[PDB]
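Model: 3C-like proteinase nsp5 / ligand nirmatrelvir (bound form).
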Amino acid sequence: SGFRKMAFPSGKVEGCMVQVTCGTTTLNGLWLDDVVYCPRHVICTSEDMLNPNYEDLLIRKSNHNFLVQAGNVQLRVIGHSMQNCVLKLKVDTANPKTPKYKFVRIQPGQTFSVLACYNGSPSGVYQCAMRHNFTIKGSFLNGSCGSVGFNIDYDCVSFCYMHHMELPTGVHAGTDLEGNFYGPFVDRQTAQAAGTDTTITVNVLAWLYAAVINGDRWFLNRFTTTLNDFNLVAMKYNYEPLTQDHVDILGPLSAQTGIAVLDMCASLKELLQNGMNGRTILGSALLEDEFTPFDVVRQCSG
Amino acid sequence: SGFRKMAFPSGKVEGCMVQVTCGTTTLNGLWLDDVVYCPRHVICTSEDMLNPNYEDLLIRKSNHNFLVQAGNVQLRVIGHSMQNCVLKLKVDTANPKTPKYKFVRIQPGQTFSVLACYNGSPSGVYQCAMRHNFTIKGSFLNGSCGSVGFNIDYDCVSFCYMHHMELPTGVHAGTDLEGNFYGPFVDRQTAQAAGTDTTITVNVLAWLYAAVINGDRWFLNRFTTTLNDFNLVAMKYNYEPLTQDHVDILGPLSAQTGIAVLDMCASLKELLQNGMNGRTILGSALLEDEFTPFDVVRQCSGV
Ligand SMILES: *C(=N)[C@H](C[C@@H]1CCNC1=O)NC(=O)[C@@H]1[C@@H]2[C@H](CN1C(=O)[C@@H](NC(=O)C(F)(F)F)C(C)(C)C)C2(C)C
Ligand SMILES: *C(=N)[C@H](C[C@@H]1CCNC1=O)NC(=O)[C@@H]1[C@@H]2[C@H](CN1C(=O)[C@@H](NC(=O)C(F)(F)F)C(C)(C)C)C2(C)C
């Protein structure tokens with residue numbers, strides 16, 4: 001038993017991390033097959049980042065302007081192209097440690113593991129949930145750009161995030177591996193607003209099932225609710241509306257515990273209106289929305 | 001910026017995880033050079049675990065009774081020995097992925113990453129802190145025994161923990177890599193009590209420094225207390241007494257923020273005496289003692 005925020009084993013991703021330097025700017029790159037993917041602001045000087053014209057900046061660069069280092073060995077760049085906010089550097093050597101992979105675009109509420117890197121070297125691994133406003137609460141310092149987010153399904157690494165920036169609220173923003181930002185953000189050093197966040201309801205419910213599986217039951221009772229009436233309470237407390245699709249996704253956890261989804265919704269509705277009154281659920285004094293139903297099934301059944 | 005509970009990259013350890021089967025019991029082993037380390041209770045049937053005589057149970061096992069698998073490759077067992085609560089199986093092949101390593105015994109308050117494994121396959125990584133009563137709050141299911149805890153210092157993997165059991169309270173217990181349990185626990189299926197816990201004061205202070213480094217300053221106040229006065233408060237709220245050695249270990253964080261340890265102790269004194277009043281620090285509604293000063297320094301620099 002026990003319930004802990006857990007990251008995927010990072011080994012397969014560690015074998016893909018490289019260092020990319022363009023002039024005075026160094027960041028991380030992801031080496032898959034003969035291509036190194038990295039944030040395009042590697043071509044910027046400090047002043048360029050205030051209002052960069054990336055197409056003009058890239059025209060000024062040639063293959064020899066990109067220093068790519070895999071450990072202590074230099075990889076020769078033989079081609080370069082910009083795709084959205086990502087740079088693709090064709091190298092003359094295919095990564096012998098390339099795992100089976102795919103590039104995916106994730107949705108709000110979904111989680112992924114981040115392998116935080118500096119100078120092409122891995123420093124730590126932690127889990128992130130993509131917020132309703134397309135930001136993540138990570139841990140990223142200077143030089144962390146190009147660090148990636150991923151999920152692993154047995155032997156296949158699904159890359160979903162690449163780190164680009166930190167917003168004025170301390171939250172983090174980035175792109176998918178095709179260079180498209182999650183959210184309304186741009187890679188320019190200018191003040192940018194993230195939308196209002198909303199709590200990921202299906203995830204809070206998933207965590208309440210993880211708590212039940214671990215021995216917590218005080219929030220449980222014979223009360224129930226319609227989907228419509230729970231959604232009125234959800235709007236008041238800034239929670240996402242629960243849909244039949246979300247109820248369906250919670251089915252496996254509901255079957256495992258014998259507690260119907262709308263029965264757990266009645267419990268959640270009560271926790272928001274009445275509060276916890278001095279107690280902790282799974283070591284937390286707050287309701288947590290950073291775990292998906294799949295993250296819960298991963299630790300509470302298999 | 002941003003402060004997060006973080007595990008070490010696990011690649012080096014993933015390359016050492018194997019599956020160990022003895023009869024109907026399967027768990028994980030750690031393959032270093034030509035030796036596989038695993039919990040000795042792999043030799044037990046479910047009935048044996050209630051009151052095992054490990055010496056007699058092992059005498060009835062031969063090398064052929066142990067099946068060790070690395071991926072889909074059988075590693076032939078050519079020798080077996082028991083050291084405390086660990087079984088050491090000598091195999092016919094040296095692990096070509098053996099990293100540079102040490103076996104260390106950690107103290108309460110110290111942290112490590114656990115690479116949770118099932119059937120010799122790593123499934124997840126998370127950080128654990130060794131509590132004052134020598135237990136950890138982990139996430140371990142059936143077949144997780146043999147999963148290890150470790151710290152990485154650049155290229156060297158310091159293995160400090162091997163998982164063995166879960167206590168009636170839901171907390172977890174295990175041994176160092178020499179098979180000596182942390183705490184008063186024995187590897188027998190019998191109710192065992194963990195000590196009363198005490199909060200790790202120096203870790204709470206390190207986490208308050210992490211909070212200030214990340215813009216969380218509401219709890220900072222204009223007062224500076226003394227070590228003696230802080231210790232009067234700590235003994236009332238079940239916190240460890242702060243020592244000069246602990247103040248010394250906090251030096252780098254105190255220097256990086258320009259906030260003296262006794263200025264931060266006055267913030268902690270006020271948080272304990274007045275409570276957090278429903279307010280949060282680094283997203284938490286509770287004071288956290290799961291981070292060492294080294295974890296805060298390592299993370300806030302980007303080692
Ligand atoms: C990439 N290595 C860094 C990662 C940043 C550094 C501090 N924390 C992080 O996560 N990315 C940047 O420095 C990007 C980069 C220029 C500016 N920048 C920012 O993240 C800045 N933020 C913004 O300007 C904002 F708010 F719009 F997101 C900074 C003020 C430095 C935090 C570019 C090209 C966006
Ligand atoms: C090894 N794979 C498991 C890991 C356990 C399974 C559930 N969560 C865990 O951490 N270890 C065991 O099954 C050990 C093993 C016999 C019994 N045991 C326990 O963890 C039991 N606990 C105890 O008897 C206690 F309280 F003393 F710790 C159990 C009731 C199954 C949780 C031996 C040899 C200790």
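First the proteins, then the strands, lettered A, B, ... as listed; each starts at 1. Only heavy atoms go into these numbers, but all of them, side chains included; no hydrogens, no water, no symmetry mates. Start at 1 and go down the list; that is how both ligands and their atoms are numbered.
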Show which other chains sit less than 4.0 Å from nirmatrelvir (bound form, ligand 2), counting heavy atoms only. A, B
Judging by distance only, is a nitrogen or oxygen of B:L167 under 3.5 angstrom from one on nirmatrelvir (bound form, ligand 2)?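 There is no such contact.
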I'm curious, any covalent attachment for nirmatrelvir (bound form, ligand 2) in this structure? Which residue and atom? B:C145 SG
For nirmatrelvir (bound form, ligand 2), note which part of B:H41 has a heavy atom under 4.0 Å away: side chain, backbone, both or neither. side chain
Regarding nirmatrelvir (bound form, ligand 2), does B:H163 bring an N or O atom to under 3.5 Å of one of the ligand's N or O atoms? yes
Could you check which of B:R188, B:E166, B:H164 puts a non-hydrogen atom nearest to atom 12 (C) of nirmatrelvir (bound form, ligand 2)?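 The option holding the nearest heavy atom is B:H164.
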Is there at least one pair of N or O atoms, one from B:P168 and one from nirmatrelvir (bound form, ligand 2), spaced under 3.5 Å apart?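 Between B:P168 and nirmatrelvir (bound form, ligand 2) (N or O atoms, distance only) the closest approach is not under 3.5 Å.
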Mind checking which UniProt domain of chain B carries most of the contacts with nirmatrelvir (bound form, ligand 2)?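 For nirmatrelvir (bound form, ligand 2), the UniProt domain is Peptidase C30.
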Which UniProt active-site position in chain B is nearest to nirmatrelvir (bound form, ligand 2), and what heavy-atom distance, to 1 Å, separates the two?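 Rounded to 1 Å on heavy atoms, the nearest UniProt active-site residue is B:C145, 2 Å.
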Origin organism of chain B per PDB: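 Going by the entry: Severe acute respiratory syndrome coronavirus 2.
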Provide the number and element of each atom of nirmatrelvir (bound form, ligand 2) under 4.0 Å from a heavy atom of B:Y54.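 Contacts of nirmatrelvir (bound form, ligand 2) toward B:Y54, numbered from 1: 34 (C).
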Between B:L27, B:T26, B:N142, B:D48, which one has a non-hydrogen atom sitting closest to atom 6 (C) of nirmatrelvir (bound form, ligand 2)?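 It is B:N142 whose heavy atom sits nearest to atom 6 (C) of nirmatrelvir (bound form, ligand 2).
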Which residues, given by chain and number, make up the 4.0 Å heavy-atom shell around nirmatrelvir (bound form, ligand 2)?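 Within 4.0 Å (heavy atoms), the residues are A:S1, B:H41, B:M49, B:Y54, B:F140, B:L141, B:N142, B:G143, B:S144, B:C145, B:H163, B:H164, B:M165, B:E166, B:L167, B:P168, B:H172, B:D187, B:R188, B:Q189, B:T190, B:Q192.
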